[PDB]
Enquirer: 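Model shown: Activin receptor type-2A + bimagrumab.
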Amino acid sequence: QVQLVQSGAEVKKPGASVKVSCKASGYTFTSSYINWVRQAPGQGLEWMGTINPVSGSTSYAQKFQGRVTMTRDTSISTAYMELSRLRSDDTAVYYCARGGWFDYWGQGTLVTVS
Amino acid sequence: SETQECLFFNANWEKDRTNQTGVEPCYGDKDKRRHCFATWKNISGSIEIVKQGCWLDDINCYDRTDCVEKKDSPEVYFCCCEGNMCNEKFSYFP
Amino acid sequence: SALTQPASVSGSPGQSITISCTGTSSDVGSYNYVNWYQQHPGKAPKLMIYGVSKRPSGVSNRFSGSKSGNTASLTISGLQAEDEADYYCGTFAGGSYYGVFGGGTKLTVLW
Ligand SMILES: *[C@@H]1O[C@H](CO)[C@@H](O)[C@H](O)[C@H]1NC(C)=O
Ligand SMILES: *[C@@H]1O[C@H](CO)[C@@H](O)[C@H](O)[C@H]1NC(C)=O
């Protein structure tokens, strides 16, 4: 079936960067967008941005502009989301999701900023 | 217009471990809306195709029979459409 | 622009209940692109309804979606214990469309 398999949990210090990976399988990676969403402990879902894997084009939420970088490697069906200049309130579970409808979600990656 | 097939092209077929050119079946149904897409570079008039294929249910492609890039001066051009092989012909109208 | 949801709703087993998602005339009032996600504690969200009222394969038909003006609504019928989760509304994100999620609604099933 369709699967979005994410990289493991990360612990970072304020000021550092984190790069989260999302591997797609069970469908053609280049047939749709990849969306990134985050959720702080006990809080709501928050959209981060989208990547078009065939053009490599991106759109970021105003909140993350200048701090987030979304890339992909089509040869290994993987999308990456890098978040820079980390602060403690960046502690959240980071999800990748397939397409404009977010019809399939990755399991999430916990990034803790101590 | 129903999309059952698209032109397939992959300039990066060697690295991506795909075929270069062909026909790509979009496995749609009554509840699975499909589109075609084309992506390219435009070096002062000279078109270099990056990829062509099937594209999943996207509101940006709905009821578009022509494949048109409407974004002003992109680095990589993209368009999507509905209908068989609609991605063979593509244009730029910013 | 923000999507407003009630923080919480409670229902009895077997009843029907609605969860609303309010935007503005230029987003919810203009497009059929409002989606509903169910999230159990400690789990990833799951798509329940997309494009206001379309239901993916494998989603119970006890889940239905509608819109009227600037408000999209998720209706859950035959309310079951397993329905107790957080529900978020969201909009299509890709190309010309920028994503936004509602604040979420905690659904409680009263025993
Ligand atoms: C090339 O296409 C054929 C049929 O469309 C398929 O069976 C084959 O696996 C493809 N080759 C590669 C390398 O993907
Ligand atoms: C390519 O660029 C030229 C201008 O340099 C423009 O007139 C033309 O429409 C473009 N074609 C495509 C298909 O992008």
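The first sequence line is chain A, the next is chain B, and the lettering continues from there. To match the PDB entry, the residue numbers of chain A are left as they are there, and the shown ones run 1-114. So for chain B, numbering is the PDB entry's, and the shown residues are 25-118, in order. Chain C uses the PDB entry numbers throughout; the residues present, in order, are 2-112. Recorded method for this deposit: X-ray crystallography, 2.3 Å. These values consider heavy atoms only, across backbone and side chains, with no hydrogens, waters or symmetry-generated copies.
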Enquirer: Just need the ligand numbers or chain letters for bimagrumab, all copies if there are several.
Expert: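 Counting all copies, it's at chains A and C.
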Enquirer: In terms of heavy-atom pairs under 4.5 Å, which chain of bimagrumab has the most with chain B?
Expert: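 Heavy-atom pairs peak for chain A.
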Enquirer: Hey, which of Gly56(A), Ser55(A), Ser57(A) has the most heavy atom pairs under 4.5 Å with chain B?
Expert: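 Of the options given, most contacts go to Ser55(A).
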Enquirer: For chain B, what organism does the entry report?
Expert: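 The entry gives Homo sapiens.
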Enquirer: Answer with side chain, backbone, both or neither: which region of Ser32(A) has an atom nearer than 4.5 Å to a non-hydrogen atom of chain B?
Expert: both
Enquirer: Contact part of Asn52(A) toward chain B, heavy-atom cut-off under 4.5 Å: side chain, backbone, both or neither?
Expert: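 Contact with chain B: side chain only.
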Enquirer: Is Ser77(A) close to chain B through its backbone or its side chain, or both, or neither, when contacts mean heavy atoms under 4.5 Å?
Expert: neither
Enquirer: Name the residues of chain B in the epitope of bimagrumab at a 4.5 Å heavy-atom cut-off.
Expert: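 The epitope (heavy atoms under 4.5 Å) is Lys39(B), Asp40(B), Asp55(B), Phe61(B), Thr63(B), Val74(B), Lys75(B), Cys78(B), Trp79(B), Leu80(B), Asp81(B), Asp82(B), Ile83(B), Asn84(B), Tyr86(B), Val100(B), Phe102(B).
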Enquirer: What residues of bimagrumab sit in heavy-atom contact with chain B, using 4.5 Å as the cut-off?
Expert: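 By heavy-atom distance, those are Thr30(A), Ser31(A), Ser32(A), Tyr33(A), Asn52(A), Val54(A), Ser55(A), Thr74(A), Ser75(A), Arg98(A), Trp101(A), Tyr34(C), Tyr51(C), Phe93(C), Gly95(C), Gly96(C), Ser97(C), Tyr98(C).
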